[PDB]
J.: 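Context: structure of methotrexate in complex with Pteridine reductase 1.
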Amino acid sequence: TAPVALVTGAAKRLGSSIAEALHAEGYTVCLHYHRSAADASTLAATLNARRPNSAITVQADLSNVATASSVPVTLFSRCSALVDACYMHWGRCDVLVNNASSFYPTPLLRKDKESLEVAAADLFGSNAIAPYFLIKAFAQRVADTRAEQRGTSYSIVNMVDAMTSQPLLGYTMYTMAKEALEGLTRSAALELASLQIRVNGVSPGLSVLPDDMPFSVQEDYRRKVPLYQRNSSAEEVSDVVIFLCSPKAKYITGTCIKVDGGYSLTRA
Amino acid sequence: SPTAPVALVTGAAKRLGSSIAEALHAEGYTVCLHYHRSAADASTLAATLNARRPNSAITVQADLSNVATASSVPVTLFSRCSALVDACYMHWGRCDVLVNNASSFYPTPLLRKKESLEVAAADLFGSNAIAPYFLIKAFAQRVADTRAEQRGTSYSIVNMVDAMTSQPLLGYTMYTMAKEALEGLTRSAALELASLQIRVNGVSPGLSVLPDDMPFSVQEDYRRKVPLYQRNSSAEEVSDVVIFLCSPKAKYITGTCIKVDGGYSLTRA
Amino acid sequence: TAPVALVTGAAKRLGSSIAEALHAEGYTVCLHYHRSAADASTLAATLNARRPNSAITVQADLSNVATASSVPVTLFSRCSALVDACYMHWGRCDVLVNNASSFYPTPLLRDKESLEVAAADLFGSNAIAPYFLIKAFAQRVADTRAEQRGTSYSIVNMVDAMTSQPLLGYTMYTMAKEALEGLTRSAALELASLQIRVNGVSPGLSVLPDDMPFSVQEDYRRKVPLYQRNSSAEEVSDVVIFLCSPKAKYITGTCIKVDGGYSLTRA
Amino acid sequence: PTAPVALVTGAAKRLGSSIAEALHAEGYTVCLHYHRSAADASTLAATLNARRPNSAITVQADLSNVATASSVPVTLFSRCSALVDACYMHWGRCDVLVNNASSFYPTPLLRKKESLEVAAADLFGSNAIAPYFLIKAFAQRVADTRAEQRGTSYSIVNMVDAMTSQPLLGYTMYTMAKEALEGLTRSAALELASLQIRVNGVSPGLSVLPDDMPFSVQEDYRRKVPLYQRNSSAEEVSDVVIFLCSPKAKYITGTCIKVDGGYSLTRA
Ligand SMILES: NC(=O)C1=CN([C@@H]2O[C@H](COP(=O)(O)OP(=O)(O)OC[C@H]3O[C@@H](n4cnc5c(N)ncnc54)[C@H](OP(=O)(O)O)[C@@H]3O)[C@@H](O)[C@H]2O)C=CC1
Ligand SMILES: NC(=O)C1=CN([C@@H]2O[C@H](COP(=O)(O)OP(=O)(O)OC[C@H]3O[C@@H](n4cnc5c(N)ncnc54)[C@H](OP(=O)(O)O)[C@@H]3O)[C@@H](O)[C@H]2O)C=CC1
Ligand SMILES: NC(=O)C1=CN([C@@H]2O[C@H](COP(=O)(O)OP(=O)(O)OC[C@H]3O[C@@H](n4cnc5c(N)ncnc54)[C@H](OP(=O)(O)O)[C@@H]3O)[C@@H](O)[C@H]2O)C=CC1
Ligand SMILES: NC(=O)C1=CN([C@@H]2O[C@H](COP(=O)(O)OP(=O)(O)OC[C@H]3O[C@@H](n4cnc5c(N)ncnc54)[C@H](OP(=O)(O)O)[C@@H]3O)[C@@H](O)[C@H]2O)C=CC1
Ligand SMILES: CN(Cc1cnc2nc(N)nc(N)c2n1)c1ccc(C(=O)N[C@@H](CCC(=O)O)C(=O)O)cc1
Ligand SMILES: CN(Cc1cnc2nc(N)nc(N)c2n1)c1ccc(C(=O)N[C@@H](CCC(=O)O)C(=O)O)cc1
Ligand SMILES: CN(Cc1cnc2nc(N)nc(N)c2n1)c1ccc(C(=O)N[C@@H](CCC(=O)O)C(=O)O)cc1
Ligand SMILES: CN(Cc1cnc2nc(N)nc(N)c2n1)c1ccc(C(=O)N[C@@H](CCC(=O)O)C(=O)O)cc1
């Protein structure tokens, strides 16, 4: 049976890329998404096209809140349902890629109590709390699975950020969530090491800029990166993921790989 | 109208919080001792302190876990945290130093042997990270909401973190995650509040006053692991770094974490 | 024409594993060595047996000391000469892997001759040599007319994942690796213009010495969080092939650990 | 009983001079080392001696990794031992060591020999190799001192650089030497904790800028520092040294304190 892989935020951009790659490597993918249901399916189509039954599409709000079912469903629940939506269909889940991520200002000063305490649940859920549970569910299912019938390449990859050291002004929560994630990587790696589950992170610097920001803006940004003076492509990033998941890196765990074109070496 | 500096120390009830608060009080600060369940010890401290200097200490109970408390609508962590910064302004009309000391410290295995989780997820992250976030925020605004002329001259925020978070203690994943989120907060906060001359740093203890209940045999096991003096640090040693960062001897220091581990994080397995 | 890779200390153990791996990817390899002449040749033999003129050898003490000849040859000279050997023979040098490394105690607390020499040896092979080498290497890429340059210049520095937790008694060694780490980031930033990536691979525990009592060996391997065993040479070399592969072309000035989680442990 | 001795290298001017003074005013008897500023060394020695008789001396040595003329040429190590010897041979004690002396100039990889070989020795020598030796000489004396005749506060302090994670373009040799000095700090701290010798580093960001640097150059550097938009004074740096040597930091070892004003928190 082919290896299965869950990729949160597989709808568009990077997550979309990481999924294909894993698919191309011969992985049945569980394409996760939040708002974009179009792309999440447009993709699954193409994927199943290329190879019959090789891509499903689970949907879930990964923010740290509760959605209506009688009792509301916590974030833990929703998460434990994804990992669960795999063993249910393909009977296995070998690779998890916490990609899903909210990213926007959370200033400390100014120029709405709730906008914040909802962003907190947002930024902190997608980037850190959700990954914790996901990693936990994934780790249990393997634990439960009998020794004799376990996969041989369980790999977990959290998508962090290579610039958190030099915090992006005004993005406090995001930054905390991210560094909270790195800790998750390290901690997960050490503990889950026994079940032979690897946990590593990929720290992109300036990858595919937001489909939103203008051109003059993207220019100003990509021109700050030392290598090539351009942001990375979805590929230059996903390769690091497929590499981390391939056997060519089976002795690697609890580590983060920067893919920033030397961006983190620059100073103001 | 000179008036004495105010310091808000969360978890100032006992152990390190108490040491830090007493240390600050001793330097001349008036202190708002926050606590959660140690109502009696916090009162004892305050008592001791107000006997030395009248009206130089007050207490404030408040659960820093990221949940809501009963009041019309229940009260959110955000709100409760604003109440704290406000206590100082309401009582002394100022707040110059904040020390995020309050921290829940317990295991949260990824494997088996529910609700226990969701509470620990709100308790560990709220106390060690989210609460510190709202506090630094509220503390920062008041500074801004204050006239350039009536502004203190030594605003200092100190986040109590962990020096061993790089070598994750087995089983404490959320705590570890939270401590490092707190590190991000330290760096991020420092960068963003520089403009208001509010310094933000962290004190990273290795092994200080060991947990209250852990037995002798278990403790002395931990002491032989510290390269320097083969012991854990006293409270006075940890709190001494805290007074340093709040003194004008450190005014140009911000966004940094000072280790007080005795070399412990240099050791390998 | 086929890519060239210069691997210092490629005589045995890991360098031998890295050299052989690059060779497999199609790289033509220059196997430098210091004392291990026998092993280096045996390897060049095997490699040139799988493909004619796919490997050559070069001997050089990378210790920061002056050598024989007329006038003494500085470490710089030997270094630059090492790079020129690749250009003289295959007319191109694309990958440089600083692997050569002296590794032994230099206790702070106790003659002095021993010290002056450990300093030159330990800092020579781990930092000074790598510097000069990178420098000679970059010079060549620069002196090449834009049109003729290679499309994949990659430099990889072999460092250590346990430098943050100093191995008691190896100060000079630890100091040198830290300098090697600095070299990686500094060179990386300064060579980005020339499209020359500079990265590091930091193993934790791999192919233990050789003169390590099986008791002592099994000691260390039960300390490793993943598989409770040290790594293989191949597990460290896969990282090098990856860093030089085009699938890492946007990576530079970074270090990738291959410790199996060993650096995540405390005492 | 006696006054603590503090050996400060390159203590003739700037930061060094500020440290020797700060240490002196705390009660320490200081040994002012210099390379070329023999004049400044003297003005300072006179001043420190005027406030207190025989409370400071000067010692000249080239901390660069090159031999000098006396029978045989003197190695860097010899000179380093002579620096510590000087302290014991005058006060019978050496309690504090501040590795402040440091060469700092470009060593560009690309063209634009003997010019490098001398630079390599000077840079690495002063910034890393000498410090290793001075620490060694300093440590052996304590070791060859009976447990009871030992002081109650051995404190070594190395002046490092908070901006090495973001290498100053063109200064590779310098940057490596500092990283080396950083390793020295961690390693020496671990191996000297048994002798109760604390070893820490002070990481300045922008302090007394190198002179002959046009006002406009200095001003455009300061405007980059998040806090106060100015470089620090020498006092703001020495204040951190005096703290590390105080019993207020008696449990602190193997760490580096930044005094950069957040400048290392920024990004390009
Ligand atoms: N792109 C870059 O330049 C960089 C990216 N990174 C990291 O890479 C990872 C992916 O980045 P990038 O590809 O730009 O991200 P995308 O911007 O392409 O967004 C990924 C998405 O995951 C989903 N998501 C967002 N919030 C939530 C939530 N609360 N619950 C559930 N799902 C949510 C969304 O799905 P949607 O389809 O459903 O609505 C969102 O579009 C992140 O962890 C990011 O921080 C780091 C540095 C740089
Ligand atoms: N001492 C040590 O060995 C080490 C300490 N540290 C860090 O130092 C700081 C203090 O450590 P230490 O002195 O041991 O801590 P203590 O064990 O002092 O506990 C601090 C306390 O703050 C309060 N608190 C905990 N959870 C909550 C919550 N959810 N809401 C409100 N208040 C809460 C509690 O109050 P309570 O009395 O009022 O009810 C608790 O006693 C922490 O940040 C800790 O993580 C790091 C490494 C080691
Ligand atoms: N082994 C491990 O588990 C670990 C390895 N590393 C790093 O990986 C790399 C390879 O380590 P490992 O495989 O054990 O190394 P070995 O390769 O043990 O030795 C490499 C060699 O390079 C050469 N060399 C040593 N000193 C000098 C010198 N002064 N001048 C010139 N050449 C010299 C020698 O050549 P010789 O044969 O020709 O004469 C020596 O055999 C190193 O950089 C090491 O620091 C890091 C952590 C762990
Ligand atoms: N100034 C700043 O803003 C920053 C400083 N730092 C660190 O602070 C420390 C002091 O910096 P700064 O105050 O600018 O230094 P100074 O520029 O004041 O120079 C210190 C000196 O020590 C001596 N010295 C230098 N090279 C050698 C050598 N090869 N042999 C013997 N003596 C030598 C010289 O003595 P001389 O009088 O005798 O001839 C030299 O003037 C350094 O370690 C530096 O790396 C880090 C970041 C920023
Ligand atoms: C790559 N970089 C793009 C980018 C695109 N999507 C992402 N998505 C996630 N989840 N995480 C990221 N780190 C991320 N990064 C950036 C960097 C800064 C700003 C930015 O600052 N934007 C503000 C303006 C700046 C401000 O708040 O001061 C805006 O909303 O227009 C935008 C994109
Ligand atoms: C200093 N060190 C003590 C200590 C005391 N109070 C604190 N309080 C806070 N908020 N944060 C800390 N880091 C902290 N640390 C430690 C380290 C590990 C264990 C520990 O592992 N305890 C488990 C046993 C181990 C396990 O879960 O495997 C138990 O509950 O008995 C306890 C105290
Ligand atoms: C993987 N590890 C092996 C090892 C093998 N070759 C290497 N070669 C190089 N160039 N670099 C390395 N880091 C390296 N590491 C180790 C670690 C510690 C000791 C060790 O401490 N050996 C002393 C004993 C310990 C002591 O000095 O206290 C001895 O010479 O027997 C040996 C091998
Ligand atoms: C604080 N900062 C000053 C400064 C002054 N003295 C020092 N002295 C020592 N020993 N160490 C330092 N880090 C140091 N730093 C700086 C930073 C960069 C340049 C600089 O780049 N100078 C070149 C110009 C730039 C280049 O080579 O591209 C020159 O010589 O004019 C100078 C001073």
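Heads up: chain A is whatever sequence line comes first, chain B the next one, etc. To match the PDB entry, the residue numbers of chain A are left as they are there, and the shown ones run 5-73, 80-121, 132-288. Since chain B takes its numbers from the PDB entry, the residues it shows come out as 3-73, 80-121, 133-288. Just so it is clear, chain C uses the PDB entry numbers, and the residues here are 5-73, 80-120, 132-288, in order. What you see of chain D is 4-73, 80-121, 133-288, where the numbers are those given in the PDB entry. Whatever order the structure lists them in is the order used to number ligands and atoms, beginning at 1.
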J.: For methotrexate, what are all the matching ligand numbers or chain letters?
T.: ligands 5, 6, 7 and 8
J.: Any idea which other chains have a non-hydrogen atom closer than 4.0 Å to methotrexate (ligand 8)?
T.: D
J.: Which residues of other chains have a non-hydrogen atom closer than 4.0 Å to methotrexate (ligand 8)?
T.: D/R17, D/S111, D/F113, D/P115, D/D181, D/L188, D/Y191, D/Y194, D/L226, D/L229, D/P230, D/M233, D/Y241
J.: Mind pulling out the UniProt NADP(+)-binding residues of chain D that sit under 4.0 Å from methotrexate (ligand 8) by heavy-atom distance?
T.: D/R17, D/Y194
J.: Which UniProt substrate-binding positions in chain D have any non-hydrogen atom closer than 4.0 Å to methotrexate (ligand 8)?
T.: none
J.: Relative to methotrexate (ligand 8), which UniProt active-site residue of chain D is closest, and at what minimum heavy-atom distance to the nearest 1 Å?
T.: D/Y194, 3 Å
